[PDB]
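Entry featuring acyclovir triphosphate.
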Amino acid sequence: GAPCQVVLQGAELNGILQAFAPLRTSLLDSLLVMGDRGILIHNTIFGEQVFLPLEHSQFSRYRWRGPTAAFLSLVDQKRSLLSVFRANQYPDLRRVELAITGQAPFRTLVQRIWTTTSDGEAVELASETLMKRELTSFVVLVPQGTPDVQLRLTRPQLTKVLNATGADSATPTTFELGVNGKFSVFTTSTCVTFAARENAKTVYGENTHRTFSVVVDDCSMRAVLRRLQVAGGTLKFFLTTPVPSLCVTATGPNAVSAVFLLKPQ
Amino acid sequence: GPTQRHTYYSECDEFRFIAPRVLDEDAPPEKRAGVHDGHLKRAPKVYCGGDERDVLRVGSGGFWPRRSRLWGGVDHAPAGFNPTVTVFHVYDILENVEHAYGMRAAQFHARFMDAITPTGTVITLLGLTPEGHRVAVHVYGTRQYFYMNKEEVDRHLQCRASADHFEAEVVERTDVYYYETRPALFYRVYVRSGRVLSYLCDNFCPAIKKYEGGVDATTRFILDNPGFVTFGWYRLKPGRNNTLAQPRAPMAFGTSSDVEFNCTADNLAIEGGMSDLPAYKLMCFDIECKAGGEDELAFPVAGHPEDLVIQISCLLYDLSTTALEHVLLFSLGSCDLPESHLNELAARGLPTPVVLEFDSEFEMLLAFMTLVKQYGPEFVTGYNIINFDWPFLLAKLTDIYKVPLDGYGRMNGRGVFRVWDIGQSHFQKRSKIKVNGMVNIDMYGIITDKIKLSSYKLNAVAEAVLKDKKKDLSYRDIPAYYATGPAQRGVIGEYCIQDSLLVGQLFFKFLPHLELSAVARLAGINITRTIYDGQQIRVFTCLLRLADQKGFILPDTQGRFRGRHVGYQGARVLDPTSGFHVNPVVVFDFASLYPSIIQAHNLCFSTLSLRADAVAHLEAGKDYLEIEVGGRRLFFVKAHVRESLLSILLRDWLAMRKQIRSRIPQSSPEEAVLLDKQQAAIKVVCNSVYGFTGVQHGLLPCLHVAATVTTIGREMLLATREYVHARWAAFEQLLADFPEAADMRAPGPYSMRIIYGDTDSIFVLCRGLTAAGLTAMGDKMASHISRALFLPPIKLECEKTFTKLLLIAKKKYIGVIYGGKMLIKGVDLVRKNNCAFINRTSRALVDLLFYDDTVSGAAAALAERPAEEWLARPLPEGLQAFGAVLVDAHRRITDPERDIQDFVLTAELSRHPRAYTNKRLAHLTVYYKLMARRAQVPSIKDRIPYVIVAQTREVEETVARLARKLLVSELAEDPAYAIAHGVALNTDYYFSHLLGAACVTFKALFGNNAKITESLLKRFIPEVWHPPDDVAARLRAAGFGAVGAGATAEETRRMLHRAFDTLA
DNA sequence: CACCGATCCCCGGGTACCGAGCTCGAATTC
DNA sequence: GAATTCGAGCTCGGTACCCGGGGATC
Ligand SMILES: Nc1nc2c(ncn2COCCOP(=O)(O)OP(=O)(O)OP(=O)(O)O)c(=O)[nH]1
Ligand SMILES: [Mg+2]
Ligand SMILES: [Mg+2]
Ligand SMILES: [Mg+2]
Ligand SMILES: [Mg+2]
């Protein structure tokens, strides 16, 4: 059909609808970098870099032909290509088609909507079909390589880890990992710690023996993880870089990630 | 000797030597800054080349021409001068009180002394003879008067009948406001010493109604003697019994004229048969000024004794033959005009510059004022001479040098040499200037109402009007030039001379004196009142002539007198059927609409009857119109009962406009353009008759007549719309009325629907007819409608025929006239606001829409959808070229070369900047930034160029110092500054306003939804964003690879693969 | 002292909601 | 006793007027 065709009917739209379900308007004024391997939705929250990979396996049919494409999600700067995938924006949706049609520097994406009716047919709400144009020059700086050590957390665990973190330039935090798993997030007037094994007292992680002490400058790390309203997941550290980075990736059906820049040792 | 002491400097032996120190060649290298000052005792000297002579010594030689006969009493004419004078063009009429005790020695006849016995007012007719002689005829007689109602004054001030300056008589006039009004008995109260009436009209018994107490003595002279004009040939006549003109003796000369007479109105005749204009002289001067203070990059200020005039260009044309006769250059200090400039002058046939050198500023200005008195140019011009040049010079001459200017005009003393500026008077619409017997036609004001430019600087006007690329000297480069030797002062002298030559070229392209003089002849006002005192005195004087003939009198109302509100209901503007109309759109419109209503329906003050008793003895429909105006029933009796006065008034002016238009088809294109502007000026004087009725707290208003004019206008517009819709609704009825419609039936379904209208026009969207002979049939359509509906002077006429029209909004539309030109009507391409960049790109866009087919097809296709349906599906592929222009402008606005003259917005100051209530305007910001920097502060109706400078930390803190998103009135620099300091422009603003102009015009393509248009126009633009500086660095430190611009597609795809696995 | 009219569109600045978000902690739910 | 919609409660832009002013058009 369309030279790039990305089809999300229902029974996969409920997966993606669950991904945007964590209760966010946040990732609306974003940028979608579509291409092979899927759509990547990158946005900046408080100054931090948030990502949502959407693999090609997460659409009913994904076909992409040509160079990577970048769309502002904000269609016409009021509506948004992703406002469709909110929880209850459009109650009765059944299918969404994301067709890109054009020639590499100047492409356009169309997004169609189809809302449910009775007796097996679908109303195309043509008042609300959206058409956006590829950005046609851009650069985004995406996270790279592999983690050296990742630690998986849970919802209350990550909530208390965020609670430990500071408020202002008064309070730098510190994600020290000692020898044998004593992963710990402290500040002057707060400390949290836990053990990492590869009943209730077992977080999981990988390559935990690689001790470190990264140190966080920015208070925003708390705020970001609540804006996203993240429910816990992997906490991956990158230390083979001049400026170390911690990514934090929600462990649910979706992959919304947020990378924060750590100061050295 | 002289009976009237001469108040111009004929002699000086001591004055105030101000002069720069950089003129002093033998003086140490740093004893150069500042100026000299302080008294010096020597007669003021002028150095012309090698020679020198005193400025005020007329004698044998002379460095500038002289047309004066007297000079401080000595009679410098060749002996035996006694020219006979039989015909004498008159260009200005002065009036001045003259006391018979002052003229004991003037040796008049009896019949002038008895006309001034304590005092009289004397009407001086200034002029030329066919032989170049400056005449001055003094018309004795001619006393002002007003009327007061006999009974009203008799009861309000018991009457049973020095005290003889107020001679009175019982006349039988009738008031001009109503048809029911009866001729009462009035007293005609002859004032002399006219000023005294100004007290006795505001102050003597203010509960009586004075009738014509505002009518000056000149108007009594012009009107009381039928035929007389304020500008035209005259002739001395034998007189009532035989009384003759009494040629004065040179000591009794009141003006600087060659010959003078003492006539009365019976010794003068109008002398038609001469039409041509005599040998009158035109001065076209231009001063150049230096600032001599601590900051000599400040703009000169006349009050500061060290901010001095340095140069005065002065060209001396002949007004009739248009020949530049003299090129004078006054110069403080040595001035050697460049040989390149001298040779360009000699090449063009122009006289050689006579550069006059002076030591002191006083000597220069005294020599200029001595030239102005000696040469005595009847007409002066220049560019902005009323806001800068004459105010600078007179400020110098009166504050700094204490020179009386009352004698430097055409009278030898006690004359007016005043300049007036708007200066928060809140009624003055212009800055005036009145030198007596000298007609100052500032070409600035002549050009601002003859051409639409954003900037009216003389370089911009020279390029736009003469197509003459002049080079401008900034007032900032005059210190640096003047400080160097005489050659650089000569370079300044070149730029001064070239300024005045350009202004002479403008004057002789437009010839304002001729057009203005036609208006002054027809109105009854002198030519200086024509230049300056508005439209109401024209109408009032013409109406006063009519009234006084018909036996009426015009009551005085302002004696009983000292936003955006309206006095009555104006005109109907039908709702446009907005859109791109690719079918023919015939524009009918009434010719001289409101004048034709005033004549057709006989509207006046004298024909209105507010009460139905005055017409209780006249038939309805046959003898009087009856109209509900403002909810009030009004009866306007028809002619054959009483002719309107506004009708005959309008006859004269409509004949003038029609004769000017009857010379357009037979003229060159560049002179047809001037003729178009002249007939538009007479159109304005015709519509000001209507406007004069409806001016509240104006001279002689009647908002009943004004509201009737507009009321009948609205009924005529609707009557025309219903006639077109009813009669020609089907094509067969069009074919029955005009059989030539058979060969105009285009294939489609016919219709003829008015799609817009305005005060008079109606835009008939003729579907199914071809545009070819639609104007040929439109003349017949219009004649048919004018015959079926309206009374004879009313005349609907097919004005245009658009093959394409973009009815944007009510007073906005664009359209290409048939087979022909583009007509742009109020869509911001024709507006003085914008910057040349946006105007240029918007014009490119409308040319695409209209001229480029395949964008007109795409645009006409845009209307098959409601606007919002275009938001989803792509615009038809013809609009692609329409977006290339926008894209190009986006590109072209960011590219860093950007001479910022393309980005200069303007706005007119238009009132004292403290008279604003909303004081946060961009041009007001720049006005105060200019006054802060000692720059050239604009004047109340100037246009204030400004750029919108980029939001930078520096500008922000500067604004808070003089005191998120700053307003565009705080990012409001002026372009000279923003070039000097390379502050960079607000690209965000300028592109948002480019799209704003595109959106305002082309929302008509998208069902007039500005938002849908805005969205669809920003779709063309290539969006780009980069992770900002100081951020991509630290992200690149973290091994973040880039995906996008700076890499091959395989690297971007691959590193996204890596990122998707990492970020997973 | 000075002096044509009205209509009308756009745009900038200024105000007032208004709701749509999120957030915050405090009860309600395992 | 750890979690947790819920409901005030705020902020942050729209969106709607709305008034002055520029400056058109009749
Ligand atoms: N007081 C006043 N009223 C004016 C003014 N301008 C318009 N009107 C109103 O217009 C009436 C008819 O419009 P036009 O002048 O185009 O048509 P016209 O006068 O009938 O002349 P033509 O239609 O023949 O060009 C004006 O300056 N002052
Ligand atoms: Mg000049
Ligand atoms: Mg000037
Ligand atoms: Mg007309
Ligand atoms: Mg008209």
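Here is the naming used below: chain letters follow the sequence lines, and residue numbers restart at 1 for every chain. Note: hydrogens, waters and symmetry copies are ignored here, and every other heavy atom, side chains too, is used. For this deposited structure, the header notes the method as electron microscopy, 2.8 Å. Note that ligands are numbered from 1 as they come in the structure, with each ligand's atoms numbered from 1 the same way.
- One finds acyclovir triphosphate in this model at ligand 1.
- Structurally, the greatest contact with acyclovir triphosphate is made by what the PDB entry calls DNA polymerase.
- Within the structure, the other chains placing a heavy atom under 4.0 Å from acyclovir triphosphate are, by letter, B, C, D.
- The binding-site residues for acyclovir triphosphate (non-hydrogen atoms, 4.0 Å) are B:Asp589, B:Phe590, B:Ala591, B:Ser592, B:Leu593, B:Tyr594, B:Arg657, B:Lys683, B:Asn687, B:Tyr690, B:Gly691, B:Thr759, B:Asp760, C:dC4, C:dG5, D:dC26.
- Acyclovir triphosphate places these atoms under 4.0 Å from at least one heavy atom of B:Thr759: 11 (C).
- Each of the following atoms of acyclovir triphosphate lies closer than 4.0 Å to a heavy atom of B:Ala591: 20 (O), 24 (O).
- Polar contact with acyclovir triphosphate: present for B:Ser592 (N/O pair, distance under 3.5 Å).
- Atoms of acyclovir triphosphate found under 4.0 Å from any heavy atom of B:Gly691, numbered from 1 in the order shown, are 1 (N).
- Lab note - DNA chain C listed in the entry as template DNA (50-MER).
- Residue B:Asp589 has at least one heavy-atom neighbour below 4.0 Å for each of these atoms of acyclovir triphosphate: 23 (O).
- In terms of polar-atom proximity, defined here as any N/O pair under 3.5 Å, B:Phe590 does make such a contact with acyclovir triphosphate.
- Remark: acyclovir triphosphate atoms within the under-4.0 Å shell around heavy atoms of B:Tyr690 are 1 (N), 2 (C), 3 (N).
- At under 3.5 Å, a nitrogen or oxygen of B:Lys683, whether backbone or side chain, sits near a nitrogen or oxygen of acyclovir triphosphate.
- Among the atoms of B:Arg661, none of the N or O lies under 3.5 angstrom from an N or O of acyclovir triphosphate.
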